[PDB]
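Snapshot of fluticasone furoate at Glucocorticoid receptor.
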Amino acid sequence: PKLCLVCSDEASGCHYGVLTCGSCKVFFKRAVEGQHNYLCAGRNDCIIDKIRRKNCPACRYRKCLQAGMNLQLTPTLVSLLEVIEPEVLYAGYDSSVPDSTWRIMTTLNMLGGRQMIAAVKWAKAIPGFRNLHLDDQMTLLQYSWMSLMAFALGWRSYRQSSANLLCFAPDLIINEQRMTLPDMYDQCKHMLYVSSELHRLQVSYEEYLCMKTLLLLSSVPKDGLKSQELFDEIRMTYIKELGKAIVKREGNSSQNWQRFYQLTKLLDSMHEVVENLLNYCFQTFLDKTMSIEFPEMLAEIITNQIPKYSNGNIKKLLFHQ
Amino acid sequence: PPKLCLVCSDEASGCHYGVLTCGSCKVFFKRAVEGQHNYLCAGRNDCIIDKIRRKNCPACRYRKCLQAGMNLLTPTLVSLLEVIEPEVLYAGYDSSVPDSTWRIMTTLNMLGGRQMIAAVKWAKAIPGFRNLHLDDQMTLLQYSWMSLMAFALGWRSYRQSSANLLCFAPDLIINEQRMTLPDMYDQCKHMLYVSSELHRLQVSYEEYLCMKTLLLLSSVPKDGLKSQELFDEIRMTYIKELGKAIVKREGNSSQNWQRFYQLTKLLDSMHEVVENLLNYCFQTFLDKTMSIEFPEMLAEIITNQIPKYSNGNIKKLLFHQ
Amino acid sequence: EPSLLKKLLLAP
DNA sequence: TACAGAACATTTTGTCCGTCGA
DNA sequence: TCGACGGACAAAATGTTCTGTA
Ligand SMILES: C[C@@H]1C[C@H]2[C@@H]3C[C@H](F)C4=CC(=O)C=C[C@]4(C)[C@@]3(F)[C@@H](O)C[C@]2(C)[C@@]1(OC(=O)c1ccco1)C(=O)SCF
Ligand SMILES: C[C@@H]1C[C@H]2[C@@H]3C[C@H](F)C4=CC(=O)C=C[C@]4(C)[C@@]3(F)[C@@H](O)C[C@]2(C)[C@@]1(OC(=O)c1ccco1)C(=O)SCF
Ligand SMILES: [Zn+2]
Ligand SMILES: [Zn+2]
Ligand SMILES: [Zn+2]
Ligand SMILES: [Zn+2]
């Protein structure tokens, strides 16, 4: 992969004594033939890379000379997760009336409660989860609810735009400008981590479906589950299923391998993202001064959960360490 | 008499988008806004936007558009910080040879040692620093050295590319494929937070130089310094100086306070970045079986620092509480 | 003694 | 009278592909 | 044969004029 000694773009040959790409060859020929008394808007040391080579013609021409230039239906397990995926819910927000810190937080609580209605139904339809004991089912959803909603939020934001957004609902998107104000700043930094990594990794839909499942199976009781033997076969099967999705992408064994490493590191870092989103949810729930309203669906989970984090009764599962 | 464009200083056509701009800057702005452009600067976010050099940096021209207010000799303290800013060092890396995890870390530790020899010279050149007591001067450098070097690494990595890469030196840059292998995935995630935050914030050269100075004045002993009253005055001089940089950058944006909130929020997050980086550093230093080499300069600091962070003999100074 | 940092600090 | 987006236009950069020399 | 010139073409980035509407 010969690199252009001027802009690092894939070189096309040894042009004018220097290994350069097509563009730098013709730029150089033009910069000497034309009188071109090029000016630098900076400090005569602008970085010349493929994207910014258009930027400073004075530094690019300077760099050219410095280099040396001169003259069968059979349903798949993954396709079931795709079919069971719930449809995106609307926040019921009204952009018409002014924006408010109370209105936003409360609307998102109501949307999260409705989203928890589908989170339970979606879990029931997971091949293997319906086999688990009712209290293992009800507890796995309790331990990893914030994980599912934040990952799906990260996914919705990743799919919504390349911009730093938070896409809670199709009718409620908090642009970068709004989430940098102090009222949203610290909490949004954690909500944005997910979409930041989904973009970085270019996570596919089939990779996301397996990852979102592995998140439902990511937090168990510190004294283990009732249907624990069964749980370990379901979890192991979805780990294998994630690898199947990674294969459908590139096909190079080492590429596929590092992709698995990075995606499992992501599933792992989710415990830290949940850890910080729970901290602000518990602070706004227990604070009478706040007035932010939580729906009966979400409030029920929060009341059960706060004494579980205070008593260390959780065994966070990690692919690494 | 010729009315001038408040963006490029070319004969203005009228009051376009609130500002008295010329026909070209007017259409450039409308294109850059609705074209949802991601412009990366080849310089240091402060290129001169004048009639000849308006074609050069579109990232800066779109900033001088927003600092004008578009919508749909006497040396200053910061000019001195620019002048005392150290020259970029080379790792002396043999890039045409097979790489190792030990080799890279040893090389980097040796480079960090040379950087300390430069950062001590840079520190003495900061007006007021040589005015503190020697036990305070040493303590400031001992506490904030990783903070200094990682913040400067973020700037070098920000400048070097829009891609996720750590530009330690021109001859030792670690690409995303290499930073995500298990041997160095977690350490690189913290060093990469700085360059991605400087990237997100479009931090200008002036704001950067002031924040870097404030990183030197970000940590103090648990029982205070010897010349604490002078230290507080110097620290507050550079906070006033960072605010002057924000006024220069934003101009007529109205978001000077919001800008300061974000930059000071980043200055605070540097403690967390450094705490993570230090934990790998100390752990590696003490691990005899790793046998990685550390320079005499740094090994003296590390050894005379490990029983201070554990003994809570540090008071991390935060803007936000 | 002292540290290389102390030695480098007072060295005008 | 003016300013905004469209219409037209110019300038700056980058690609293709012969021809030709070692 | 191979690989690099350079013109021809093309694409991208920038600039100017025209026209609709207060
Ligand atoms: C920090 C908490 C966590 C927030 C929830 C995160 C969850 F991932 C989620 C995803 C959605 O698609 C829709 C809603 C939720 C379930 C959630 F965003 C909301 O209820 C709000 C929660 C609890 C949270 O978020 C914020 O700080 C926040 C969001 C926007 C600005 O601040 C709150 O504690 S809101 C206080 F009740
Ligand atoms: C994670 C630690 C922190 C590393 C230092 C960070 C600092 F910002 C820095 C910048 C430079 O330009 C050159 C060197 C240092 C001073 C530093 F990179 C090195 O010493 C190595 C440090 C301590 C560190 O780095 C890594 O793991 C690492 C970086 C890239 C791959 O691995 C180590 O602990 S290496 C052993 F100390
Ligand atoms: Zn090039
Ligand atoms: Zn330049
Ligand atoms: Zn102009
Ligand atoms: Zn610029």
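Below, read A as the first sequence line, B as the second, and so on, with proteins coming before strands; counting in each chain starts at 1. Order of appearance sets the numbers: ligands from 1, and atoms from 1 within every ligand. Just the heavy atoms: all of them, side chains too, but no hydrogens, waters or symmetry mates, feed the values below.
One finds fluticasone furoate in this structure at ligands 1 and 2. Other chains within heavy-atom reach of fluticasone furoate (ligand 1), distance under 4.0 Å: A.
The deposit lists the origin of chain A as Homo sapiens. Scanning out to just under 4.0 Å from fluticasone furoate (ligand 1) turns up no other ligands or ions. Note: chain A touches fluticasone furoate (ligand 1) mostly through UniProt domain NR LBD. For fluticasone furoate (ligand 1), the residues with any heavy atom closer than 4.0 Å are A/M105, A/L108, A/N109, A/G112, A/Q115, A/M146, A/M149, A/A150, A/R156, A/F168, A/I174, A/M184, A/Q187, A/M191, A/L277, A/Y280, A/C281, A/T284, A/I292, A/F294.
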